[PDB]
Amino acid sequence: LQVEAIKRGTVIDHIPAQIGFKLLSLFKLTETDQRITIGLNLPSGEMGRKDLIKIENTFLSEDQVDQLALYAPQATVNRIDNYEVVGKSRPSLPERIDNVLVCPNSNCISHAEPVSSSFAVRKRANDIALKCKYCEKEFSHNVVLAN
Amino acid sequence: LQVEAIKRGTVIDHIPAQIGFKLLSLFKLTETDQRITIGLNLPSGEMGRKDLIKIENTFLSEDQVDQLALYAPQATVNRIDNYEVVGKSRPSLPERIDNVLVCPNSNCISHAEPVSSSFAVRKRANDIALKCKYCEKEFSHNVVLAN
Amino acid sequence: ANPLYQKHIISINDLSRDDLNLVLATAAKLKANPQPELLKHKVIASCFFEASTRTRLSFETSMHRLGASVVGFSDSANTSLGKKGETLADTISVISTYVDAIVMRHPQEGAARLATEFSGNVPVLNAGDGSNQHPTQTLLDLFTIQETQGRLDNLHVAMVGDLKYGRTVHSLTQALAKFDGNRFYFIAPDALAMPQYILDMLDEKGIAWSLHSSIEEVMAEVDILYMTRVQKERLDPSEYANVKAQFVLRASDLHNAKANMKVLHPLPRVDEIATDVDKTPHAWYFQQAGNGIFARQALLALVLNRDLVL
Amino acid sequence: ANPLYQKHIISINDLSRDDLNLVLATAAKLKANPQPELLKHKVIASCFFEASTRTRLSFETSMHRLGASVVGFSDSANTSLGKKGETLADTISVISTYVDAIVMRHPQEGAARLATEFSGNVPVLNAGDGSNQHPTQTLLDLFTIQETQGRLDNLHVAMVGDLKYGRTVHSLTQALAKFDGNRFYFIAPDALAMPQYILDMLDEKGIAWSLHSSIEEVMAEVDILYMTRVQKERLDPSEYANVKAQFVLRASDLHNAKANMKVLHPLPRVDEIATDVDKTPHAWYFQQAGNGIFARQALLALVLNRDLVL
Amino acid sequence: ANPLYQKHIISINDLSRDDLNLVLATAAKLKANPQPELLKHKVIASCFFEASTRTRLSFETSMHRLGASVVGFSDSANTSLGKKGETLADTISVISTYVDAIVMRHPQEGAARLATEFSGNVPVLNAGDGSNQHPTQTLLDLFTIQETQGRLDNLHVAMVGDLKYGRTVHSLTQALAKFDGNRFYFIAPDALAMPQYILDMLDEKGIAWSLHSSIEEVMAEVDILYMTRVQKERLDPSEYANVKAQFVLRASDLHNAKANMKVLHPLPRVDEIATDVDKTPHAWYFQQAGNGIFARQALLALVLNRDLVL
Ligand SMILES: Nc1ccn([C@@H]2O[C@H](COP(=O)(O)OP(=O)(O)OP(=O)(O)O)[C@@H](O)[C@H]2O)c(=O)n1
Ligand SMILES: Nc1ccn([C@@H]2O[C@H](COP(=O)(O)OP(=O)(O)OP(=O)(O)O)[C@@H](O)[C@H]2O)c(=O)n1
Ligand SMILES: O=c1ccn([C@@H]2O[C@H](COP(=O)(O)OP(=O)(O)OP(=O)(O)O)[C@@H](O)[C@H]2O)c(=O)[nH]1
Ligand SMILES: O=c1ccn([C@@H]2O[C@H](COP(=O)(O)OP(=O)(O)OP(=O)(O)O)[C@@H](O)[C@H]2O)c(=O)[nH]1
Ligand SMILES: O=C(O)C[C@H](NC(=O)CP(=O)(O)O)C(=O)O
Ligand SMILES: O=C(O)C[C@H](NC(=O)CP(=O)(O)O)C(=O)O
Ligand SMILES: O=C(O)C[C@H](NC(=O)CP(=O)(O)O)C(=O)O
Ligand SMILES: [Mg+2]
Ligand SMILES: [Mg+2]
Ligand SMILES: [Zn+2]
Ligand SMILES: [Zn+2]
């Protein structure tokens, strides 16, 4: 392999192309002292091209794995221990996205006040609609920006 | 070698910790279809820890290399062809830096108007001096890097 | 305890049909048989961070009719939030150590919801948060619709004016959609249309609704003509073409109205309802406003008093 | 052509000693023997985006004394930049299609430099850019020192007041440092000290400078006492403790001055020079101002004429 | 005397094709061979009651290039009309006892026409009256089109942006319609369309014009692409949705333009022309502005001199 195996931690495989970097940026995954190995634009038999993120001595809860669903719905999260895959899971669409997004309603109380952002998530047509906990306005995920 | 050798392209080695991810942003390096491998928080002989970036079939622009001198003076840029290192160098401080930096003088005309930023560069032994072409004020590069 | 005891009252979206019916039943009871001492020994904050006549004065009157005391402000300019830079969060954190409930109106959407995250065990009652929700308006509206039509189901309801920014119609449409077989007519300028999240909610519930460009189209079949003011203080400057009321109801427009039809308006009105409407039997906006006392007494009783009033 | 023909005049940092001497020699000639038609058929823009009395009026008077015409503005409020949103860049782009030279003062540092990038073959003369440079002030300052002291070398020069924001002393210090053996005394509040880039330049050239907390310390040894106004329109609010003049020169303070010492001030003064100084033989700020005519004629003549023969 | 001697220049509607050609021919002559003393001993008033950069400065520069003197104001705030309640009528009545010609720009339509009724034998030149007419802009526009296209007939001209309030395109369309076989493309928001009185004139003369919702539709066929700024100081608040430029020309949009096509803009631009257009060979708005000098000298020369021989 071009990106070698790890002893212990999490391997996020099958990330769509151009999404791997977005995931590192959004979830601040590089803000750690743990060893990270990343492959971008790797070939895949299943997806064609794919990104890959490996984070040692770091683990993701089901909730944290679910947060990936908005960006990599068909990703695989491998829990590694003693060089062994001891668990595989796929992201499921979460009930909400907290902290990382910014409400696009400029008159929302969330901008002025010391609260964390929070949006309810639902499937609308073939899109993802986000409804702000505070202002209750609803937006396409496309127009809800990150911090 | 966790991240293995490549055929043709660029290997930026000896990037200090917590800088590698910043380089991927600033230089839009992931905005390509070229295969990329990244090691963050790798052990290092001379540095203890380091970041490492490999880009296949790709080379840096000039001054983008001399932008490197600001963010990572100790970094090593390797030019690779046919699996061999054929160009190896550390980026030296340029005289001038354009476009990427922001003058910290809030009353500088460069904020309000459609011109490109431009700084003259010189070393003061304990930091780098950046001098704005427009306002003629001089700053430590520590202060300019808060764009 | 009754289902609403110590509950926050933020959004109609958080309330069920049973909740709404409970408030109205309680309102009917207190109207027939006042309980002047029900909330004796309560102190309630009335905190208005934007303008109000009806909502603040009827809430405070209701508090006194129930024997409770009132503290607060009708203007934020002379609070420490107004002058010393204090957050809304800290304002709620201290006020909630003083009072048994907080009634608040605020110009930013989501303010009431935020307050609940800092008020501890003290209930927050949303008297309006930006262009979002206005639950107690909806309670009095429902009471008024029920009074004049005899039911809350199988009604033809037209809503006119600024539907985009009307917290009134956001709340009211959600409420009536919890009842069966209601039909909606939306008469708005395109720039101030009913928001998509409301329409999607109607579609999921199989509720019929349609857009119309005139009151006359639907006058013959409406039971409730709910008129609204253009919310000019919420408009973007790019929406300034709609400042002036696009639909003006006058007495001659009511010729083919059903006998039972009532004209409602949460008020204040500018010109969207001509004064010649006032004396016709269809005008019910002042009666509506007076119903705010019964609805708001009811809500206060249910939130602050453990047992059901009978 | 003379070395200054068709050159932008932006910063003293771009000028050599020879350039400065050339202007001074030309100034002395014009003062002695006027050339009323030297700039006949020239039209010059006088563009002031912040306030001025001396710099604008002497510049324009200078243009008229040489026979040039003048267009421009003293306020930006009624330009298309003031009312229609036009950038400075575009402003320079069109004005430079009209005139033979542009004189500009502007509240932002760098504005004059930026103008040179849009003015094509039209020379720009910096009448002051924020707190950065003030080249023509330095020209008249040097001229006045030369006149009164007989030299620009081996002087003892004190600069007093707001040295941080004084574009006058930034330009003047750089100019005097191009000459030999000058010694500087900086008397300023800590918050408004002479900036480090100036001091570093003095160090690199092996020029002696020192800080002093009073005029009295240096009165007996100075040839030139250069007073400045606190640049209150430039102060950050955090610097407002420095608004009042900290150093106030009065006639009584001159008792131990060298007989040849002159008090200069680019003007306007607020209170840093009391009016009882005006009648002493050391007061020379009005004569200095008057010299703006000869320096500015000299500069205009050299930029817009290839050759001058006296 | 020449046909324009001592004539008011108020509206393109009062000028013939021959009049326009005369100014253009005179402009070309003066550009090629300047006449520095043509208006010696003339004094001209430059009276601007609203903002200007190009029109005022080029006009005044033009006066100086021909040897005339200038008096006037760029702000009405310090005239007796600004502070003492004086009418425009009386203002014109006295100023016309001083000067040989009056150049005036004013925020109200008709102001220039009104001035002619109080100025007696003194010619008035309209530098812009509200959203009505802008004759001298049209003169320099025509000159620039003639220069770059070699002709004023059989052109394909696109006008983009605020055509309702653009006094520039009102005058320019009327002028080009005096020539043969010109074809017009109007690209504007519905709220700011080219007014009906313009269109009717085009119909009466059998001139083809059409509306288009994009520049792209017509890019391949236009000789002149005339961009305009949204006249926000003229907008009714009901029209505020149109404040941002709806059509934004970028360098990439020029890919299928005729090689000879020129982009014009009377200026200032806000965002309707991106700065990356400036370096393309099609950008000609700064050259256009520069041509204001020759058109305005030409006009002044023809109004104030009986005869010119080159
Ligand atoms: N010590 C290890 C073991 C596994 N992996 C990585 O974990 C991912 C998936 O593990 P594995 O089940 O062994 O591979 P696959 O069978 O291909 O899994 P899948 O079918 O889901 O793609 C691979 O990217 C592999 O490189 C790793 O980085 N370090
Ligand atoms: N085909 C190749 C050749 C080299 N490398 C990488 O390029 C970097 C520097 O090349 P090399 O000179 O071979 O390593 P060093 O001798 O350690 O160089 P240095 O002294 O700079 O550490 C190393 O990180 C190595 O992994 C690579 O990725 N692909
Ligand atoms: O941990 C890994 C996994 C994969 N790779 C690199 O990615 C490519 C695929 O190697 P894989 O073996 O992991 O992919 P795959 O066959 O399992 O097919 P998919 O499940 O991804 O659809 C190869 O180019 C390999 O070098 C790594 O470098 N490291
Ligand atoms: O291409 C590389 C280079 C280095 N590494 C990883 O980096 C670590 C260091 O291995 P190196 O061999 O690259 O370090 P070094 O001896 O050259 O000493 P320095 O130049 O860094 O001072 C090792 O843990 C190795 O796995 C890679 O994975 N890939
Ligand atoms: O303002 C409106 O038009 C409707 C509604 N009106 C009221 O609540 C009545 P008031 O503002 O007097 O309390 C509101 O949303 O505030
Ligand atoms: O303003 C000062 O105190 C010094 C200096 N003063 C002048 O140039 C004189 P004026 O502002 O009247 O043209 C300046 O920088 O503007
Ligand atoms: O203002 C415009 O957008 C077009 C036109 N512009 C001009 O005349 C240029 P200026 O306002 O700088 O004299 C006008 O009508 O005033
Ligand atoms: Mg696999
Ligand atoms: Mg090495
Ligand atoms: Zn929100
Ligand atoms: Zn700067």
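Reminder, nothing fancy here: chain letters follow the sequence lines and each chain counts from 1. FYI, side chains are in, hydrogens and waters are out, and symmetry mates aren't considered; it's all heavy atoms of this structure. Remember, it's 1-based here, ligands and their atoms both numbered in the order they're listed. Determination method: X-ray crystallography, 2.2 Å. Only part shown; contacts counted inside that part.
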Next item on the list: Look up the drug at ligand 7 and give its PDB name.
Entry: N-phosphonacetyl-L-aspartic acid
Notebook entry, point to check: Which macromolecule makes the most contacts with N-phosphonacetyl-L-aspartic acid (ligand 7) here, by its name in the PDB entry?
Noted result: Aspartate carbamoyltransferase
Notebook entry, point to check: What chains, other than any belonging to the drug, come within less than 4.0 Å of N-phosphonacetyl-L-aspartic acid (ligand 7), counting only non-hydrogen atoms?
Noted result: D, E
Check: Which residues and nucleotides contact N-phosphonacetyl-L-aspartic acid (ligand 7) at a heavy-atom distance below 4.0 Å?
Finding: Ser80(D), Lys84(D), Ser52(E), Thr53(E), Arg54(E), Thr55(E), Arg105(E), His134(E), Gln137(E), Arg167(E), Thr168(E), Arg229(E), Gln231(E), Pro266(E), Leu267(E), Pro268(E)
Note to self: Quick one: what's the source organism for chain E in the PDB entry?
What the structure shows: Escherichia coli
Check: Taking only heavy atoms of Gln137(E), which atoms of N-phosphonacetyl-L-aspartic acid (ligand 7) are found under 4.0 Å from at least one of them?
Finding: 8 (O)
Checklist line | Closest protein heavy atom (residue, atom, distance) for atom 11 (O) of N-phosphonacetyl-L-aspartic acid (ligand 7) | finding: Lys84(D) NZ, 2.8 Å
Checklist line | For atom 6 (N) of N-phosphonacetyl-L-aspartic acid (ligand 7), closest protein heavy-atom neighbour | finding: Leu267(E) O, 2.8 Å
Check: Looking at N-phosphonacetyl-L-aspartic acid (ligand 7), does any of its N/O atoms fall within less than 3.5 Å of an N/O of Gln231(E)?
Finding: yes
Note to self: Can you name the atoms of N-phosphonacetyl-L-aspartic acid (ligand 7), numbered from 1 with element, that are less than 4.0 Å from a heavy atom of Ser52(E)?
What the structure shows: 10 (P), 11 (O), 12 (O), 13 (O)
Note to self: Just to confirm my output: which protein heavy-atom neighbour is closest to atom 15 (O) of N-phosphonacetyl-L-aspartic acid (ligand 7), and how far is it?
What the structure shows: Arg167(E) NE, 2.6 Å
Note to self: With heavy-atom distances below 4.0 Å as the criterion, list the atoms of N-phosphonacetyl-L-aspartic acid (ligand 7) near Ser80(D).
What the structure shows: 10 (P), 11 (O), 12 (O)
Note to self: Under 4.0 Å from a heavy atom of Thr53(E): which atoms of N-phosphonacetyl-L-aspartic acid (ligand 7) are those, numbered in the order shown and with their elements?
What the structure shows: 10 (P), 12 (O), 13 (O)
Notebook entry, point to check: Which of the numbered atoms in N-phosphonacetyl-L-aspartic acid (ligand 7) are below 4.0 angstrom from a heavy atom of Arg229(E)?
Noted result: 1 (O), 2 (C), 3 (O)
Next item on the list: Provide the number and element of each atom of N-phosphonacetyl-L-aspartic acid (ligand 7) under 4.0 Å from a heavy atom of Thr168(E).
Entry: 4 (C), 5 (C), 15 (O)
Margin query: Please list, in number order, the atoms of N-phosphonacetyl-L-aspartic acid (ligand 7) under 4.0 Å from a heavy atom of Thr55(E).
Written below: 7 (C), 8 (O), 9 (C), 10 (P), 13 (O)
